[PDB]
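This report refers to the structure that appears directly beneath it.
In what follows, chains are A, B, ... by sequence order, proteins preceding strands, each numbered from 1. Looking at the header, which is where the method is noted, we find X-ray crystallography, 2.2 Å. Remember, it's 1-based here, ligands and their atoms both numbered in the order they're listed.
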Amino acid sequence: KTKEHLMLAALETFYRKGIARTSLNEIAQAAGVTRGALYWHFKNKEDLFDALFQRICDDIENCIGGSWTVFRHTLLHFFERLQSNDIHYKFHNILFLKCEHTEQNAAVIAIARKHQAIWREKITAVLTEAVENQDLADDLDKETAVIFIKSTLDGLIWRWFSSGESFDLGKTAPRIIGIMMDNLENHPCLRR
Amino acid sequence: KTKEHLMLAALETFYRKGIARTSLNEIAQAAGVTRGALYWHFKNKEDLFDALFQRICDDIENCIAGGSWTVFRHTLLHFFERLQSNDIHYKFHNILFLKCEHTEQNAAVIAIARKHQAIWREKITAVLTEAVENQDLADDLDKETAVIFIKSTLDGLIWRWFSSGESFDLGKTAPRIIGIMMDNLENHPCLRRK
Ligand SMILES: C[C@]12CC[C@H]3[C@@H](CCC4=CC(=O)CC[C@@]43C)[C@@H]1CC[C@@H]2O
Ligand SMILES: C[C@]12CC[C@H]3[C@@H](CCC4=CC(=O)CC[C@@]43C)[C@@H]1CC[C@@H]2O
């Protein structure tokens, strides 16, 4: 029952050509099946992409003392896996570099926005649990903190991919995370 | 001259269709000129892209005017203000971050973008060196890491704003981000050489 084989074929084709220029025919041909066999498992490009997104989010929550400490470990492990896990590597490379916000990709981009709001929620919860445990201040502007966290991580990923991986992510990621963590805990500009 | 018209028509077409699906024919059509009149001024899509990037880079370098590290603060704030208020800068950076897939077809356009990145990396290194000499930044500052820190911090704000459909106020967020980032460059020990 390996609907996993069809996902990995879409991942390879999205990786090689981008999402806009990938056709269902290509994915089926790459997965070595008929259009009909592909269709029984995934109606169209969006559901392939949604399912890869789900696989990524599931790997993250699997790998999951203290809530704020766990969060630190989650961000660190994320950038490790970006380097050592080929699916995580190729998926985020697609998300940041091969997903033009065109009207051809409108439904893929709605999918991505859907997981963005899930992730915003998981962050808002971590921030609230951290306020309660006294890791963050009570006047933490949580809404700007969520933007702050997402921008920081997005910028490192975007920088690393868009530069052709020209720097050592294993050296650089802990320092970016270390700084961002310190700012959330201490910087006045992140409060109301 | 007439180069200006052709360049705006390229920018609109890149913003509508992205760089990869834009044709030189369409740009000519959009601009009201024959294919041969365009080719005279711009030999290919890459030349148009390069022209637009230079004009953006020229705009920023023009708007330069206590202490040059505090000037850096200003030009950074002016960048994010221009992004929200200037149509060419908004469209151009939208195309750069959202409509420029890294396929084999765009590789020449990406090379052009990497060339302007390197110009900007050296411009950042020079601002950091002046600020060290001035002692706005510790002489101990790790300049290589700091440049990646600066680009990654700023890139992340831009990516976040464009890819989320501009669902937050850049005018209020960007000054906070810039203030934190510059605080970290002066004070955070993670940005020193040891
Ligand atoms: C930054 C990001 C959204 C937020 C994600 C992040 C990956 C790590 C992470 C895991 C969580 O448990 C909370 C959300 C975060 C913090 C994602 C990587 C790309 C995406 O834009
Ligand atoms: C971050 C960035 C490179 C560095 C640029 C930045 C725009 C603002 C800017 C102006 C300068 O004076 C130096 C370089 C910087 C700081 C660019 C926006 C996109 C690009 O990736």
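Present at ligand 1 is the drug testosterone.
Contacts with testosterone (ligand 1) are greatest for the chain named in the PDB entry as HTH-type transcriptional regulator MtrR.
Every other chain with a heavy atom under 4.0 Å from testosterone (ligand 1) is listed here: A.
With atom 7 (C) of testosterone (ligand 1) as the reference point, the heavy atom nearest to it among A:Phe79, A:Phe96, A:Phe78, A:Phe91 is part of A:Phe78. Between B:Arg160 and testosterone (ligand 1), no pair of N/O atoms sits closer than 3.5 Å.
In this structure, the list of other ligands and ions lying less than 4.0 Å from testosterone (ligand 1) is empty. Testosterone (ligand 1) places these atoms under 4.0 Å from at least one heavy atom of A:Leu153: 1 (C), 16 (C). Neither the backbone nor the side chain of A:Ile64 has a heavy atom within less than 4.0 Å of testosterone (ligand 1). Using a 4.0 Å heavy-atom cutoff, A:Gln116 is listed among the residues neighbouring testosterone (ligand 1). The PDB records the source of chain A as Neisseria gonorrhoeae. Heavy-atom contacts of testosterone (ligand 1) within 4.0 Å involve A:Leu75, A:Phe78, A:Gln116, A:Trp119, A:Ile123, A:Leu153, A:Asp154, A:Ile157.
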